Amino acid sequence: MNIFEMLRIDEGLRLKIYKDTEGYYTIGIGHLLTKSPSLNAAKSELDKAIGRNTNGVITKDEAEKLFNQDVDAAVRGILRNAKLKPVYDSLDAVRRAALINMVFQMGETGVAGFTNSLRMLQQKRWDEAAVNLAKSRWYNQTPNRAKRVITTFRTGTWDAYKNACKXX
Amino acid sequence: XXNXXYX
Ligand SMILES: *[C@@H]1O[C@H](CO)[C@@H](O)[C@H](O)[C@H]1O
Ligand SMILES: [Cl-]
């Protein structure tokens, strides 16, 4: 398991424009296109992102390319942010992935706003951090995914992302 | 699923 596999599990893969959990046009492995209610606006954003006239559909390789860019964007957002960077640097590799996951979902500014959770993570007060992280619109709106990310912070293991068949 | 493995 690693951050790419973790997010692939959490986001899925769809090759045609779809709406995310908030109703926003998205494609691929959770690539947000626009918050505009206009499908034409989303299609424009898609064509710009891919570099061709896609008519709302992409290939798996194209989806993976946007995904790789989006994971980089999350990592860069953490590394440039005065609140996120020290927390990230203080964490082990597994918990670093959990933080990247949150930033991928909610953005740099969004996660930097979790002030009390971030402090508990820096303090390595894992059960307390996990309790605090769940007191959030994030948790209430996407509880299964938030539970997996929170378990990863609580335990520093990949257990929430394992299954009996070892894939599927 | 819909993905593969193995983990
Ligand atoms: C594992 O995945 C392969 C590849 O599609 C499939 O052929 C098998 O049925 C499955 O066990
Ligand atoms: Cl969820």
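Note on naming: letters A, B, ... go to the chains in the order of the sequence lines (proteins, then strands), and numbering restarts at 1 for each one. Modified residues are listed as parent or X, with no contacts credited to their extra atoms. Basis for what follows: all heavy atoms, side chains included, without hydrogens, waters or symmetry-related copies. For this deposited structure, the header notes the method as X-ray crystallography, 1.4 Å.
Of vancomycin, ziconotide, sifuvirtide, the drug at chain B is vancomycin. Lab note: most contacts to vancomycin come from the chain the PDB entry lists as lysozyme. Chain B - PDB entry name: vancomycin.
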